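Naming convention: chains lettered A, B, ... in sequence-line order (proteins, then strands); numbering from 1 in each chain. The deposited model was determined using X-ray crystallography, 2.0 Å.
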Amino acid sequence: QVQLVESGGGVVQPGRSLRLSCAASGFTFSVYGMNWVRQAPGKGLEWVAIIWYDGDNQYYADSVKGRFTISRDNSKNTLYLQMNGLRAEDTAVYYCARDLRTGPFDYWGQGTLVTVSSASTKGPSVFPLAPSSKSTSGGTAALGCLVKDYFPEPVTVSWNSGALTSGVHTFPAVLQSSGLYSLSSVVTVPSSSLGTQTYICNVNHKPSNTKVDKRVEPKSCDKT
Amino acid sequence: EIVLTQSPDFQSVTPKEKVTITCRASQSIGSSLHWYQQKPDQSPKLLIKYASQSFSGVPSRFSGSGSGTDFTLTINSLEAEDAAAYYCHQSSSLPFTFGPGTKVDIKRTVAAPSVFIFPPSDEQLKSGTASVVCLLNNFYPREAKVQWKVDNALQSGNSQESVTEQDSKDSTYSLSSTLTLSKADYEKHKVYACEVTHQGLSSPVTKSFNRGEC
């Protein structure tokens with residue numbers, strides 16, 4: 001089967017250089033044009049560059065022309081994208097794609113993530129979103145945990161070591177003006193369970209080797 | 001560069017019904033227009049090549065058509081697995097370009113969100129910051145509006161929100177909104193509220209608390 005596998009993604013500071021590659025297999029590499037297409041977080045597909053089957057011609061999107069160079073090695077079945085003068089706006093998932101005589105892109109890779117930022121690797125601080133009157137509607141209570149100020153993505157969140165999955169909603173991270181990410185994970189459970197079960201949100205941040213298991217205990221702020 | 005525009009930006013469809021997406025090129029491109037389907041956290045897949053030729057393995061309920069500048073992708077008898085983003089791409093002239101995309105989701109009956117609000121934890125306050133969280137749970141359609149008010153004053157520029165992908169079981173969405181203030185600023189006000197507006201709510205729903213309560 002046709003298979004395209006990109007690599008090289010990672011965190012790079014603004015102004016620096018980074019090279020992406022794509023290993024191709026399952027087809028006669030030397031007779032197909034190859035492309036790079038990218039997709040900024042939450043945005044659409046943006047064509048980046050193309051290289052002819054024999055590598056003798058290359059073209060680029062206006063936004064990267066002059067800064068990027070696409071190349072290929074037909075003896076190693078590999079495609080490359082050399083990126084220089086990286087800008088925050090170059091942050092995206094980069095996909096390798098095969099074209100049909102410079103026509104449609106019939107096969108795509110799995111993509112490699114490139115994050116252009118000056119931020120330093122940092123583990124998150126985890127805060128409880130305690131279940132209380134303001135978060136309990138009838139027999140159902142909502143609770144969760146705020147995973148704040150980490151870099152880079154991603155973090156993983158589970159509840160009670162994975163035993164709790166129903167009603168869980170782990171939201172996409174949001175990039176803060178500080179350059180650090182933040183996300184919240186919540187779950188709804190029966191209010192009747194609050195007194196006899198401990199809820200723990202397990203947070204993992206591999207980039208910083210951080211592991212946190214925050215207990216989210218019920219809280220009361222009544223004068224009664 | 002030739003610019004492609006797509007409409008609509010978002011479309012909801014009841015299973016078995018029809019989705020119609022259009023793509024317009026800023027310049028004529030003949031029949032060199034292709035369509036791709038992309039699901040969340042997945043790579044795009046070729047659907048239609050050269051305006052109307054179905055790609056191998058693509059069900060016949062998909063039909064692409066048009067030539068010149070206006071093109072159409074129709075998905076007849078929509079199935080759940082068709083909920084995805086759709087993109088057009090022209091290969092007529094370099095530089096090659098894509099449309100902004102169209103998201104198709106599954107249409108169901110309106111479902112009002114259940115709203116919950118969370119005051120900042122004592123732990124975070126001690127660290128010098130106060131994040132207030134408002135949760136809008138399991139609603140439909142996707143469009144929802146959250147407005148923060150502190151002592152009844154409307155806030156702007158100090159909150160961020162995130163939305164989940166459509167649930168595969170109940171077809172609903174969930175949204176979180178976070179208001180962030182310095183500890184000092186948080187302690188200068190009494191009432192914190194999030195006002196939610198949504199189709200499932202005849203009147204806006206407001207959840208609030210006095211600082212110090214929960």
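Picking from pinatuzumab, sacituzumab, tiragolumab, canakinumab, eculizumab, the molecule at chains A and B is canakinumab. Entry name for chain A - canakinumab Fab heavy-chain. In the PDB entry, the name given to chain B is canakinumab Fab light-chain.
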